[PDB]
Trainee: 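Examining a structure with bortezomib (bound form) at the moment.
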Amino acid sequence: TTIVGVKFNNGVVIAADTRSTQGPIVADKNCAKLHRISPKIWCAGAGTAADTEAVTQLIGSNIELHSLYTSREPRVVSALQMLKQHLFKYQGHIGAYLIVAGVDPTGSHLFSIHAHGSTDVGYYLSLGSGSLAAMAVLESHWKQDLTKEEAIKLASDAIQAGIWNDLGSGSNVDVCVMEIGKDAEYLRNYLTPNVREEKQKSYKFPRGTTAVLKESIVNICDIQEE
Amino acid sequence: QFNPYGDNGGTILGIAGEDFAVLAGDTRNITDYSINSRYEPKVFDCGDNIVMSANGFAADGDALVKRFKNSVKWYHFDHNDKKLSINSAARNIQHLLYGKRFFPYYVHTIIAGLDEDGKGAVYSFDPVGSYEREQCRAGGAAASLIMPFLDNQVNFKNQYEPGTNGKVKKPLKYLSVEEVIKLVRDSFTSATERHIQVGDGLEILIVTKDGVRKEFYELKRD
Amino acid sequence: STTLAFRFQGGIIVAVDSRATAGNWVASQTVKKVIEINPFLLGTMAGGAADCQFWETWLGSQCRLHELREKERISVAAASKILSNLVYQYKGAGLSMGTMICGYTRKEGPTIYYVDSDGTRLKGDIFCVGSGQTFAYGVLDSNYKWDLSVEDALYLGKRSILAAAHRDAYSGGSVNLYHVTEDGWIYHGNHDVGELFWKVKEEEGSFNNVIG
Amino acid sequence: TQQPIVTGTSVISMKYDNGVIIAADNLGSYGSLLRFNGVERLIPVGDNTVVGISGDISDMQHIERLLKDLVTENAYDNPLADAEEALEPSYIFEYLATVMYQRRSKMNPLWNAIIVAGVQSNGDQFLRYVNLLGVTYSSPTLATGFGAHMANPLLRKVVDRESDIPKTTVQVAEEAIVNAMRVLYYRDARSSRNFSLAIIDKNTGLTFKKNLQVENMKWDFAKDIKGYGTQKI
Amino acid sequence: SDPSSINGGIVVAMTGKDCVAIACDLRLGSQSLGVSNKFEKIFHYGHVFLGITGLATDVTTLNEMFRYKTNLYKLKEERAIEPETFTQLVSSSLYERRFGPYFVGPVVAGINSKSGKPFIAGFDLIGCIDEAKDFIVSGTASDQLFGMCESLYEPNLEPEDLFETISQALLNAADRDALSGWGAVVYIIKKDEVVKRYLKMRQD
Amino acid sequence: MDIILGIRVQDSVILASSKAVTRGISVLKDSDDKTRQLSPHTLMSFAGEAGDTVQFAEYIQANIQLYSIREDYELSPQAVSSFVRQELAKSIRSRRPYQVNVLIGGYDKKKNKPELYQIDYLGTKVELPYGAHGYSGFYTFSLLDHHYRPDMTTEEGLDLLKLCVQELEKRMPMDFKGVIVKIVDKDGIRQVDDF
Amino acid sequence: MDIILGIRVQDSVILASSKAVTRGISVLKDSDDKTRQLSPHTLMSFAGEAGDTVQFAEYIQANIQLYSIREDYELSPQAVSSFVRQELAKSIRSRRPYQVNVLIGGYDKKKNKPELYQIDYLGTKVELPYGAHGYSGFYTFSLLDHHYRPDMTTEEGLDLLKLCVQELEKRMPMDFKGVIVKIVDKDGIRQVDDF
Amino acid sequence: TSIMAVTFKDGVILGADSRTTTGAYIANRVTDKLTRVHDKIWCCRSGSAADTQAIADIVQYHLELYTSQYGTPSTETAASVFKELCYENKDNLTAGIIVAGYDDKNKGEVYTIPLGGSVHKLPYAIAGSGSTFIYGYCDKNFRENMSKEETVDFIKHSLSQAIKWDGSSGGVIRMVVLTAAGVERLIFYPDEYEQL
Amino acid sequence: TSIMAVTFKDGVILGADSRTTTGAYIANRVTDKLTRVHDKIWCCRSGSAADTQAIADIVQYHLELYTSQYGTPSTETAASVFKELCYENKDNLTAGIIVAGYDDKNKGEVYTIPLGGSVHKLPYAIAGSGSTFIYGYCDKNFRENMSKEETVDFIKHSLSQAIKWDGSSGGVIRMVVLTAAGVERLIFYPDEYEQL
Ligand SMILES: *[B]([O])([O])[C]([C][C]([C])[C])[N]C(=O)[C]([C]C1=[C][C]=[C][C]=[C]1)[N]C(=O)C1=[C]N=[C][C]=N1
Ligand SMILES: *[B]([O])([O])[C]([C][C]([C])[C])[N]C(=O)[C]([C]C1=[C][C]=[C][C]=[C]1)[N]C(=O)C1=[C]N=[C][C]=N1
Ligand SMILES: *[B]([O])([O])[C]([C][C]([C])[C])[N]C(=O)[C]([C]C1=[C][C]=[C][C]=[C]1)[N]C(=O)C1=[C]N=[C][C]=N1
Ligand SMILES: *[B]([O])([O])[C]([C][C]([C])[C])[N]C(=O)[C]([C]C1=[C][C]=[C][C]=[C]1)[N]C(=O)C1=[C]N=[C][C]=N1
Ligand SMILES: [Cl-]
Ligand SMILES: [Cl-]
Ligand SMILES: [Mg+2]
Ligand SMILES: [Mg+2]
Ligand SMILES: [Mg+2]
Ligand SMILES: [Mg+2]
């Protein structure tokens, strides 16, 4: 997994590759690693996939109830605090490594979270097996006062570095832009630089090629009238 | 503690035709989650119209190929420039592998060429030297992805003729070199999609009575 | 692996399966688990593929040297003991072999020796070796007689491997039959289990548990 | 079987249109202790080859002595020692690769990762890797240790395949190498600011640069970072 | 020892033009010993189909659990559960056993009754959802199934063509696995008719 | 304990179970009945770890007998087998699991059909024409695969069972001291006193 | 292998040895003769690890036969037993020791006395009126302690041996498939074909 | 990690490097290890980042609740709350914390809490993996009642050496000054402190 | 153990503590760790007492035999002989040795040989368990071309701190001065160096 977060002039952008793997096998080629905690708070997850999903849903659910209770839009620090205290309690066993970003009435924010519950602040961050390839790009091209267009470019380039150089990462680039005073735009499959070429042959079989023993209609309908 | 073995990934494929044989292999070389090289040749022309590849731990793979190439050289010296037949090469490789039975070459070896009747031949080895002539064999990381496809599309397994419903099998008609290369390319394209250690490039060596020809094709680099 | 061999009126029947596995992965369905040592000697292969292949083709070289030196066919006893003495030298090193050495000479008649990588060497009338040996034993022991016809003996061997091919997960592929007589062995074909199972089920009335 | 004691970190390298570049820092670490600050890990062989070595320093010094001895031995009864029968990069590499694989096979390895950079007689660029296991491979860019994870991605953006080599100049290539060394200093906990760089060109020969430093570093943004989440002061 | 490969077995699912297909083998074993050749691994709750591979006791337990839950769902909601909703229910139910999980590899298949859209999904033993457009694989011969599906599959196959593709994917994958086979079943699923076909295969 | 076998024929279910009980070095008993009657038309044989086997069987027996009294009705073999499976499936994730494998042979009086269920200690249930636990199946399934029919009589079932026991007595290393055979049919449960 | 017994009576030595050979799961053979004739009036039975047993016995056999030819003379049982003990005492400190236990039954033609020696794989020798290796002695020594006399006939020795084998067949878990019995006396070695 | 706290005439100064490592990878090169548990009570963190954050967050909560009831807490009180958490949970924690604070009555105070959970009141304290390399230097160069400028130089020179020799330490040198005047943050970059 | 060797204007000086420990028991409080392999080539020993004695004895033999054939050996040559023994027997040895010597041509030279068996020529070297605590101090206070009196003070102050913090170091501070003038032994007792 390669996930990144990049701060810019009037907000923050996060990005991620779309490969999931069980050992050396690719389980899903177009996996969605950008999760929505609230409308303008999104986070990217690396590590154990069920855990990043579950911990995001739980905190996102409680954040929604909190937002309704307080009559206020949710804050990134609240999501951060609730995530870290949950993860700390489970002593690293919940394998969720998160980059949490968002905009709220306080401003724009960017944090990282690790499985044992430690948090970090930064202008640019990267997590996952391809974080070293991504951080190399970020350390080479990042500057202060980036524009929106520059930050998207930098973020996607950092993911590409992971896609091409890290075997744990691949396929497509997902992006989510969170600008102050605007709706967050979720750009699913922002880049698609890994379409499979046409196959040499069609493997459509002639009908009747497989040997059958029995046929029967399956009753999916309910018990009928009359 | 020191571990003398490693895993360099990769995948290889040998298919025997009626008067030809192909030995294919991807050009990617890896350790853990890193790429060492996008183009590191893995299939080699060993002389006497024999092609070879030893997939797995690359250090052992290179050592074995090097020692077999050497064996071909000394076979010419010792036996009046006689051509080493594919069956004789196979038996020789068994002894090279079994010689290190208690500290094995950690590789899956495949050789390809023509037998003494001019027909296509592929031989397959395990790490400690057991071998067998085959019509079809994939080796290495994505072998488990490729072999079933070749059982189906080369040997027409589980395929029958329409109208008869399981009574009459699909006849085992011979495949041309153009037809085999299509199946090789699709095998590696599919393996690249679902196996992280497979990609970058595909190099195919084709063996006929005329000699050894090479073909290269791009594979996905992610 | 399921391999068997048994003595009877018409000599020896040898029958083996064809499967080779690495864990749960089926590595090959076309393995030759019978070795043609000479026109009178056969060896079966179970355990490590390489160990068996290597040392049994080696055995054939030692047998050829014996009859070059002694101007006489090697006995089954002597041939089996060359292999057992060899593997005994390697005892502890981790060789993995279960083999039957089968042959027919004038002085001995039809003879079978079970040879083992632990050094065990046993003469006997019936042997089954491999992961599916217990399944083959069931069919053999209930149907075996000394007075079997070459045709009926061949079928019993074929059927016993089929029984093990069905139940044992690490056995299958196809059945190779050999028949060893006073005038040498005779190959009796490769029999695909995928076609043999349905054929036997229909004709014999067996496997009523399975649906066809 | 042993364990490495005094160690050297990344060696990085790449091909360009007329030759090859290789670099490595001058640190000898003793675990987490940054013990020795003046260790040269690029060792030239003749005027056409540079061997870069990472890993155990005692084994590096042994290899250094083997190469020194190799030059001496090649000169023996060799009137063309400084001409047609001089040591090639390919000869030096194959020798090391032989030794590395032999030593791993005796279960007593030289605990190193080695990159042999050079230019052949016919002007062809030579760049190949070998390590404690005897594993070998070649690529337009090569790097050891942390370099493999951080340098290669950056260097591969310049030369992504073989056809990009003629299009890459020595100025562009050196720039990429120097930037990669900076990135490694930011991110490798066992690296130093001081490093050595070597260029082997088919026209201008061997240029060996010592006492280089990582410069143009970005740290100013650190002042704005406060706490680990909620803290404002 | 490894719970996910004591009993053995496989499940595969595929989408086609206005249809879906889900298939499984019939083997249940105790490691090397084959025990049963009638152990079906595909179940259905209304029009939603669920395949489950892995430890057989958990396969049975989860079927009974999801029958329980979908029956209560239907009584309260006054409608059959849909594939998208059932997928979330499987995920929730597996994750609640995070640190004492069911050793299974579930696969959901079906057509949404309102939109008519074909749907398939897969899971790991603890709840992660893999929602693929093309195909899902599970079991001891998953590597083999991935290879077959990735080469044989093409989009927008007609029901009777899709049957041939999925059947050949299962059969040839099973034949390269020691712990799979001993028969096979294929479900072809359309918006308001479902055909079930038992396949003839080698019994070793 | 060691060997337990089961076979379902036309009109009955036959269970065979070894008589030996071995405390490591010695055979303490050669007449042990490894079975419990759960209901008039349902019999359960068992084998596993010492103590757990009897404790589990008698616990199941008590529960089914309780059900029978409460409802004045006999549960179907299918229903009893499902209850037993759930108890074992519950048990496998307990502090100390029941290490017990069972066969359940019953005659369903409603459907007029014999039924044989094989359940292991994990809670793995399968309905079968013939079954076994432990190393018994390794020898006996090949014979049953060859000779078995769905339309066999009880006498033919006993003959096929004798062939299984003879094979076991020939090829198994352990002396299991013969078997106690019991038949389950429409008239209930009875023991074959000469086998 | 498993059970080997020995008993020295008035005028002979009787050795009994099991017939079974078991490769883990299956009984591969039920007619195995676990003994070798070392000389016309000396017999050695053996039991231990597979391969090692036969390899050791045949090695000892070859050595004693070599001695017999060289000197045209038969070694006394005491002398043969000492030679065997030394080989095992040498073996126990080798790279890979012989894992073999033996009984040596012989008739000394000089002293006109039967002699029974028990030697284990360590090279531990004892002369005894009756002996056993493995778990056999645990069952049989109590019977022999009660019934044995130095003045018993060969027929009485065989009856006392039958009582030992019957006890073993009752209380031992493993089916050892009966025993081959051999008698060693002044006339040499012979096998009791019905036991 | 290289951290230290030093009392001086006008109060106390905390100092720290900015490196966080996962093995040999620098996971964060601009970390802030000087953390605030009260207006003029701060701490230096070493050991597990998760543990020391969790502890500091709990302490900040306790002192915020203390303040609401009993007014401003002493530095000794803050150290005691750290100790209670570190001692009672010693089996499950890896935390080496230096507590430093400024009262008007007690002036500058420094308390160090090593792994065991013991408390030690000292004129100055050093901790973290990099502290080992500067015990000699700090003992020889420390004086009581130094000036602000002298104390800044003492910390700057000390941590410079700790960074130089310890691989786990690096980046910028952060400092926090605690006096009657208020709270001042200082930062010193590599180009400055490496040439010392 | 705290050992060091320092080159200066007139030559080189070796320094060492005198403590030998079996766990926490001081088996010898007056040990001599400064040992002679040639007239003006000495070494400092750290690690196993047996290993470093065995090595030093072998080296003294090699240099005595060298001298009889080829005349006085260089310090570099002596270091190479130490290295050969330490490198080739790395699996079985625990020896950290500093070699120091005075030539007239090369003047004062110092070579350090850590555990691996690598060689490092340096202006000065420090080693032993106690050296960790004085890396900071020694780096800040070392100058090239010091006087004899300055170098003695540098070593005395450095080892004083190493002794103060390291439990494995203690006793007296032994020193050996190597110059053109000859070989001088110095000793400094606790009452002297503790008050520094
Ligand atoms: B990434 O590489 O970190 C990636 C991101 C994930 C959140 C979508 N992780 C995975 O792909 C993990 C790898 C992994 C394997 C085994 C244990 C822990 C982590 N994969 C999965 O979580 C996974 C594997 N198989 C099916 C579903 N999910
Ligand atoms: B048989 O099962 O013993 C079989 C016969 C062998 C001679 C070809 N052996 C194997 O298949 C073994 C695995 C094995 C399975 C069951 C019991 C013991 C061993 N396989 C191999 O040795 C082997 C060799 N090369 C590749 C894959 N597998
Ligand atoms: B320092 O090195 O002690 C530092 C202080 C921490 C409060 C930021 N700790 C770390 O960097 C630790 C590892 C460690 C290194 C050396 C000694 C003790 C601990 N790192 C982490 O805790 C860490 C690493 N990666 C992610 C999250 N946390
Ligand atoms: B010094 O502490 O390293 C010292 C130097 C030795 C040459 C006199 N070493 C020892 O005292 C060693 C133990 C040790 C301590 C610290 C680091 C490494 C080793 N002691 C012994 O070798 C010893 C102790 N008692 C008797 C004999 N030898
Ligand atoms: Cl932190
Ligand atoms: Cl000493
Ligand atoms: Mg790939
Ligand atoms: Mg099978
Ligand atoms: Mg079961
Ligand atoms: Mg540092």
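Order of the sequence lines fixes the chain letters, A, B, ..., with proteins taken first and strands second; residue numbering starts at 1 for each chain. First listed ligand is number 1; within each ligand, the first listed atom is number 1. The basis for the numbers below is simple: all heavy atoms, side chains too, and nothing from hydrogens, waters or symmetry mates. Only a part of the entry is shown; contacts are counted within it.
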Trainee: I'm trying to find bortezomib (bound form) in this model - which chains or ligands should I check?
Mentor: ligands 1, 2, 3 and 4
Trainee: Which molecule here shares more close contacts with bortezomib (bound form, ligand 1) than any other chain, as the PDB entry names it?
Mentor: Proteasome subunit beta type-2
Trainee: Which chains, by letter, have non-hydrogen atoms under 4.0 Å from some atom of bortezomib (bound form, ligand 1)?
Mentor: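 Other chains with a heavy atom that close: A, E.
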Trainee: Which residue supplies the protein heavy atom nearest to atom 14 (C) of bortezomib (bound form, ligand 1), what is that atom called, and how far is it?
Mentor: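 Residue, atom and distance for the closest contact: A:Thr21 O, 4.0 Å.
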Trainee: May I ask you to identify, for A:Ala49, whether its side chain, its backbone, both or neither come under 4.0 Å of bortezomib (bound form, ligand 1) on a heavy-atom basis?
Mentor: both
Trainee: Help me out: what name goes with chain E in this entry?
Mentor: Proteasome subunit beta type-3
Trainee: Quick one: look up the protein heavy atom nearest atom 4 (C) of bortezomib (bound form, ligand 1) and list residue, atom name and how far away it is.
Mentor: A:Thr1 OG1, 2.4 Å
Trainee: Name the UniProt active-site residue of chain A nearest to bortezomib (bound form, ligand 1) and give the heavy-atom distance to 1 Å.
Mentor: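 Closest UniProt active-site residue (heavy-atom distance): A:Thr1, 1 Å.
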Trainee: For atom 17 (C) of bortezomib (bound form, ligand 1), is some protein heavy-atom partner under 4.0 Å away?
Mentor: no
Trainee: At what distance is the nearest protein heavy atom to atom 26 (C) of bortezomib (bound form, ligand 1), and which residue and atom is it?
Mentor: E:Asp124 CB, 3.9 Å
Trainee: Run down the list A:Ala44, A:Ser20, A:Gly47, E:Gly122 and name the one with the heavy atom closest to atom 6 (C) of bortezomib (bound form, ligand 1).
Mentor: A:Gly47
Trainee: Mind telling me the covalent anchor of bortezomib (bound form, ligand 1), residue and atom, or none?
Mentor: A:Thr1 OG1
Trainee: Please check whether A:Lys33 reaches bortezomib (bound form, ligand 1) - meaning an N/O of the residue sits under 3.5 Å from an N/O of the ligand, judged on distance alone.
Mentor: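 Not met; the criterion fails.
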Trainee: Find all residues with any heavy atom less than 4.0 Å from an atom of bortezomib (bound form, ligand 1).
Mentor: A:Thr1, A:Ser20, A:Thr21, A:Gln22, A:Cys31, A:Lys33, A:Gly45, A:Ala46, A:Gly47, A:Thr48, A:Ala49, A:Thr52, A:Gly168, E:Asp124, E:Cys128
